[PDB]
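Below is one structure; the comments refer to it alone.
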Amino acid sequence: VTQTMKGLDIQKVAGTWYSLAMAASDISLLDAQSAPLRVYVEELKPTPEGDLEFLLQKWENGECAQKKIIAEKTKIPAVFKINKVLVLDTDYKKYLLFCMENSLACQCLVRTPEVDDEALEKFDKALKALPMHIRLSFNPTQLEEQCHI
Amino acid sequence: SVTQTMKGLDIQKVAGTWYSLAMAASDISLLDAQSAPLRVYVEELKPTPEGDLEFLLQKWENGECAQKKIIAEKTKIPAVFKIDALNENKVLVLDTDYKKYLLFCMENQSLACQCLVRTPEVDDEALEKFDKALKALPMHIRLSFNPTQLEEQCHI
Ligand SMILES: CCCCNc1ccc(C(=O)OCCN(C)C)cc1
């Protein structure tokens, strides 16, 4: 992943998000509820030091676990270290596109638990240069359920 | 569910070798596991003397790769077939050029579609036409397979 967001203002990504769609380089990264990169972003909280706190849900040992993880800033405003987190694009008010790279998985986040045509079209365009072998998308009912069940 | 069928399908010309390059389904659970209900790999098509279409496929069953044969019976629409199985179903051929790619769906309402290729290689045209076809359909999971997997039992 090289195409990261120019001019990111991380403070404007604060608040609630919903994982609408995800894609990964390897089927095993996303295929099961327990798959390693099957994670649902529920909130982003930029820190006073310019780090990025993720609140996510992840299926572990038969429960939907909530995790709070700090992604530490790097010299590239759009790149953090949790894996590298790369923010490809956001309009702050509607969508955010990011990837996790070690293996590669990318997500389309939306501000409201609804399908957004613009967000998904931009996600598809961003994935054209990336060697993805699994793509998932979630319905509005799933977005509001613990671990998108 | 599926609006697009192949006009003027000649089932004799779809006969022979195929490989499942990509698949997509309306419900993640139809395709997410090696054991998922619509996770099947088409290896060969055989038209019958009655104009039915026999699918020779691989399916993960009892933790091993099994060979299975499924007859999709002809209907009054050339590109639409029906498997004698408990559940109401349709097999729909969306598009083929016969010599490189074939796009089909299974409707059960559950829906899964596949991109078949003649040669066990990633084909840009096959995948681009598959993706265009899927824009019309409410898919929540898409898988694609590397050329090594195409020639392994059950795409392992
Ligand atoms: C650049 C403007 C940043 C303003 N911040 C926000 C603006 C909007 C939202 C938000 O969630 O809006 C959803 C409603 N649709 C119409 C936008 C969340 C944060």
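Each chain is given a letter, A onward, matching its sequence line's place in the list. What you see of chain A is 3-84, 90-109, 116-162, where the numbers are those given in the PDB entry. All chain B residue numbers match the PDB entry; in order, they span 2-109, 115-162. Order of listing sets the numbers, starting from 1, for every ligand and every atom in it. Header lists the method as X-ray crystallography, 1.8 Å.
The name the PDB entry gives to the main binding partner of ligand 1 in this structure is Beta-lactoglobulin.
According to the PDB, the drug located at ligand 1 is tetracaine. By chain letter, those with a heavy atom nearer than 4.0 Å to tetracaine are A. Binding site of tetracaine, heavy atoms within 4.0 Å: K14(A), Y99(A), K100(A), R124(A), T125(A). Organism for chain A, as given in the entry: Bos taurus.
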